[PDB]
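Check out this one - L-778123 stuck to Protein farnesyltransferase subunit beta.
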Amino acid sequence: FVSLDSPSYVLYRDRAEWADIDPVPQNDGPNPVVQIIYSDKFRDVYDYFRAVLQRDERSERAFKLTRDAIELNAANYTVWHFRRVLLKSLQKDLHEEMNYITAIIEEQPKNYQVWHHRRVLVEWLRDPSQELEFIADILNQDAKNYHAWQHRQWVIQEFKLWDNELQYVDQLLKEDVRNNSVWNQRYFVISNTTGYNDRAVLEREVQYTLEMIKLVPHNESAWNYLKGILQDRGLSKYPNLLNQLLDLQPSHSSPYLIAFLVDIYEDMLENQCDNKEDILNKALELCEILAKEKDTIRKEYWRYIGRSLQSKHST
Amino acid sequence: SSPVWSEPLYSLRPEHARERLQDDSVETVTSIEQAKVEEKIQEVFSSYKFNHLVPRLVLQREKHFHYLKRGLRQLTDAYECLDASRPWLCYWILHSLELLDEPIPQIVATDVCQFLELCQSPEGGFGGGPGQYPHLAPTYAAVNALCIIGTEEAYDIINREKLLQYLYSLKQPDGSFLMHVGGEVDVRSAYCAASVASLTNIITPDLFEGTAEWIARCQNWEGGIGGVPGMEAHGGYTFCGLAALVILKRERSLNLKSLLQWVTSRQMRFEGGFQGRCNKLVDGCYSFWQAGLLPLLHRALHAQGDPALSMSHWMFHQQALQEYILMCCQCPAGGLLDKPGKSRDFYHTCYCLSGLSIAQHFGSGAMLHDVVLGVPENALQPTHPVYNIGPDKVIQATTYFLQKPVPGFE
Ligand SMILES: N#Cc1ccc(Cn2cncc2CN2CCN(c3cccc(Cl)c3)C(=O)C2)cc1
Ligand SMILES: CC(C)=CCC/C(C)=C/CC/C(C)=C/COP(=O)(O)OP(=O)(O)O
Ligand SMILES: OC[C@H]1O[C@@](CO)(O[C@H]2O[C@H](CO)[C@@H](O)[C@H](O)[C@H]2O)[C@@H](O)[C@@H]1O
Ligand SMILES: [Zn+2]
């Protein structure tokens, strides 16, 4: 009907159709703390929301009122909950409500309540047909919106919409290879579909990641994904990887590469590698280089790694 | 060494310039934003250096105190967006005043207690304001605020019987908790529940059944913890996850090695502060959410008898974090913030100060080692890494409530 900013908007205390119900002012106590000096419009809407909530009035007027309360404070979870109670009682058209939540999220995508409301609607309708496209639009505006990605994972997993997600991940990585949210989605997609136990899949992933690292050597996300897909089996289980990284070292001694080498050495020592003393010396030299020169912000961590290595493998 | 009036800074060393972003000549939105922030931060760093003269950094206590004191009573309509988070405003402000060692007048303490009583729901828990449904976030905030006040008047406001029933009403069979009735679930709920339950002594054997395992499922390939299983690691959710596990004495459920490497990697080599997730920007509030994980990891590893743990420092750059907060996160008018260019708010004031305190104080067993950068008056009161309220407040509250029985349970 009329929005809060509409020229013809009328305060609830002035609406004839609301005259039969008394507004309920907020009880802040005689000596209030953290007292918000509300605008007249804000207080007016909330005084009436408090009244309908208190009377548990499941009406169309109460339903429209929640829309105004939400515009005033979309983080008010009590209003959202009551709105859902009304959606059910009044048997409101859920597709119409989906259109509403779509507009709301577009305006305020960084809010927990709006995304939760949308999830409830999709669950109620058992209809995910608009989800991937809607989410892609939000991500088109902020490619790292946490709520958007979380909602995306839920929809895909709940309705088994895995088919085109790796392509979506690939497109977004092409747009910004440093987008950590996308590398996370890549892991989410693969672990839930083919898994990483398939050696052909793992090889494809290791090659792809190494390629990305060569393109942008200082992009930490690619380095983290490489370790992430190999860490559970153990970094020392991939002998060729060590050699490849070693060749790259002179021309690409980034703290990421050096740190990865220490991680490999750590695992080697943990697995009764041959040349223990040699590997330990190499690992300690690298920890020193990282602590003193290449990654000084993490000097306390690297010094701790050096002491751990000695407590576990000095013999 | 140096005269007492000049104190060399890590961020001002000539080698520090080497820490600027290397974009490999491949620009993307991420590198462009990072470079913009680094450019601004360098300007700020340079303004604190006068060739070989580097005056001691100063925490503007009095200005922060006046901003906080004013906020505790009244707020502009710019705060209408936090009308469903009023107990948070109480907690953020009280905790900041507590860190600054500014006493709470009895009148103010009583008024806060009365207000929080009005926010408490008859079904248990606290809502965002009077008459609002209860929600775990403001419940966590209200309980912490009451514990900061620490009077019997404050402790007694909590309806423990209903609080426990309320927690049960949110508990899911997979071990997770809803944030509120008909609400969303994420790691924040588990921490909010574990925090209030342990402080008020209402933990039953079944309350947290499966919770430790659900939290472990949230730890991802990165080593950090996401909001729910499968999601990207974030400092906010990682703090919640690890702190909850520490309360439950189930830290070992996590791969502490990958968590440790992940959190330490979140400290920005150039800025000195912490980012919330990989490839995102530095932000003063992460001084708490991220850096706070180090005292938790230390405690955890120490419990396992790790012989390589330091006996004097947390495993992050304590000095650099203090430099970032003191030089880049203070609003000249009082209050602290995300990064230069942003406006002050109570949330950032709370967390920037909480992080500053963690960076200043190391304690493990009988070992205590302080690193207070700048003038000596910068030293803040210590904060408990699990609850983020004074350790004295934690002991006093737990001692008080341990004298009461777990509601309807033996
Ligand atoms: N929750 C949360 C949350 C979400 C996003 C962020 C990301 N973030 C980092 N710096 C500023 C922010 C954005 N925050 C400010 C605090 N806040 C909030 C409101 C009520 C209570 C609490 Cl603790 C926090 C929010 O909802 C949004 C931080 C925290
Ligand atoms: C007890 C309790 C309520 C704890 C809350 C902890 C916390 C800070 C959670 C963060 C959640 C989140 C969605 C961050 C992303 O916001 P963003 O994209 O705006 O920030 P970013 O760029 O720094 O990731
Ligand atoms: O940080 C990796 C570490 O986390 C655990 C959970 O504690 O598993 C996470 O990471 C795996 C990838 O390494 C994922 O397969 C798993 O789903 C995720 O929970 C540990 O098993 C692992 O060592
Ligand atoms: Zn912040």
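Residue numbering restarts at 1 for every chain, and letters A, B, ... go by the order of the sequence lines. Excluded from the calculations below are hydrogen atoms, water molecules and symmetry mates; all remaining heavy atoms, backbone and side chain alike, are included. Just so you know, ligand 1 is whichever comes first in the structure, and atom 1 is the first atom listed for that ligand.
The full list of places where L-778123 can be found here is ligand 1. Lab note - other chains with heavy atoms under 4.0 Å from L-778123 (ligand 1): A, B.
The residue-level binding site of L-778123 (ligand 1) (heavy-atom cut-off 4.0 Å) is A/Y112, B/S85, B/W88, B/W92, B/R188, B/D283, B/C285, B/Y286, B/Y347, B/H348.
The protein non-hydrogen atom at the shortest distance from atom 20 (C) of L-778123 (ligand 1) is B/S85 OG, 3.7 Å. Put simply, atom 17 (N) of L-778123 (ligand 1) has no protein non-hydrogen atoms near it, under 4.0 Å away. Protein heavy atoms are found inside the 4.0 Å sphere centred on atom 23 (Cl) of L-778123 (ligand 1). Counting atoms of L-778123 (ligand 1) from 1 in the listed order, those under 4.0 Å from a heavy atom of B/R188 are 1 (N). The source field of the entry for chain B reads Homo sapiens. Looking only at protein heavy atoms, the nearest one to atom 3 (C) of L-778123 (ligand 1) is A/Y112 OH, 4.3 Å.
Under a heavy-atom cut-off of 4.0 Å from L-778123 (ligand 1), the UniProt (2E,6E)-farnesyl diphosphate-binding residues of chain B that qualify: B/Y286. At a distance under 4.0 Å, no protein heavy atom can be found next to atom 5 (C) of L-778123 (ligand 1). When hydrogens are left out, the protein atom nearest atom 11 (C) of L-778123 (ligand 1) is B/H348 CE1, 3.5 Å; that is the closest non-hydrogen contact. Remark: minimum distance from atom 29 (C) of L-778123 (ligand 1) to any protein heavy atom is reached at B/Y347 OH, 3.9 Å.
Within a heavy-atom distance under 4.0 Å, L-778123 (ligand 1) reaches the following UniProt Zn(2+)-binding residues of chain B: B/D283, B/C285, B/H348.
Under the naming in the PDB entry, the designation for chain A is Protein farnesyltransferase/geranylgeranyltransferase type I alpha subunit. Protein heavy atoms are absent from the space less than 4.0 angstrom from atom 27 (C) of L-778123 (ligand 1).
Nearest to atom 8 (N) of L-778123 (ligand 1) among the protein's heavy atoms is B/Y286 OH, 4.1 Å. Residue B/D283 has at least one N or O atom closer than 3.5 Å to an N or O atom of L-778123 (ligand 1).
Atoms of L-778123 (ligand 1) lying under 4.0 Å from at least one heavy atom of B/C285, given by number and element, are 9 (C), 10 (N).
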For L-778123 (ligand 1), output the ligand-protein N/O contacts shorter than 3.5 angstrom; if there are none, return none.
{"unit_1": "L-778123 (ligand 1)", "atom_1": "1 (N)", "unit_2": "B/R188", "atom_2": "NH1", "d": "3.4"}
{"unit_1": "L-778123 (ligand 1)", "atom_1": "10 (N)", "unit_2": "B/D283", "atom_2": "OD2", "d": "2.9"}
{"unit_1": "L-778123 (ligand 1)", "atom_1": "10 (N)", "unit_2": "B/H348", "atom_2": "NE2", "d": "3.3"}

